[PDB]
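A short worksheet on the structure shown next.
In order, the residues displayed for chain A correspond to 1-194 in the PDB entry numbering, which applies throughout. Computation of the quantities below employed the complete heavy-atom set of this structure, encompassing side-chain atoms and omitting hydrogens, waters and symmetry-equivalent molecules. Atoms within each ligand, like the ligands themselves, are counted from 1 in listed order.
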Amino acid sequence: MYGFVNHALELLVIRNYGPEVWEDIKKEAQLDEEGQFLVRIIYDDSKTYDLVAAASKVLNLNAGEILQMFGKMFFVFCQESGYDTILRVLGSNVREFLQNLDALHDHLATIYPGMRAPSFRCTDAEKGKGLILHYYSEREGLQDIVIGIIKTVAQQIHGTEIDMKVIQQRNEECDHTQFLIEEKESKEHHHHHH
Ligand SMILES: O=C(O)CCCCN(CCc1ccccc1OCc1ccc(CCc2ccccc2)cc1)Cc1ccc(C(=O)O)cc1
């Protein structure tokens, strides 16, 4: 886990709960000696999962909850910072966001060096209302992060209600985690009333 999102995780606890609560969890995650949280440090993914596991005790909010509220915070925080860059990159909307993921992979890497491995595909399961996001990554439980970001930019920006559910989990049986995105444009396009 690169220090950017790792520091954003720290940020989540400090802001929404409190700095006092943060240091309590920091004790439990056995990360009392590690408070750098810088982008080039690259914290072990294990330390991130164990961190949220500790937060699941103190906050009582389970990993899935923390990861989703992380995505929510991440979006609103960036826009709150007043960075107009979020309005330019990723088209500032769900559709562009999804397909521009690999775009920031290269574009933002030129500014912040560091190996970023993107392996993902988006093919609908013969329905349209079911984009199968083929997510190839070892952090299978980091799925809720995607959920918390994508749904937020969808209905809040584009006004389109979409839901992403994990239909396949990376394990020994399957090297890939698959998501299904059910987009409801019938909420907007099917308003033939006046
Ligand atoms: O496998 C995985 O995790 C994902 C594999 C696909 C690439 N993955 C997309 C995540 C993503 C998925 C869906 C939607 C939006 C997403 O982007 C959210 C996002 C993530 C990170 C930053 C800070 C960037 C930064 C990094 C350093 C300095 C400055 C800026 C910004 C925004 C990016 C990524 C790559 C490697 C690592 C790692 O290795 O930890 C972690 C994440």
Going by the PDB entry, what is the chain that binds ligand 1 with the most atom pairs under 4.5 Å called?
Guanylate cyclase soluble subunit beta-1
Drug choice at ligand 1 - rebastinib, olodanrigan, ouabain, cinaciguat, dilazep:
cinaciguat
What is the listed source organism of chain A in the PDB?
Homo sapiens
What residues contact cinaciguat if the heavy-atom distance limit is 4.0 Å?
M1, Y2, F4, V5, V39, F74, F97, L101, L108, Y112, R116, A117, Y135, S137, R139, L142
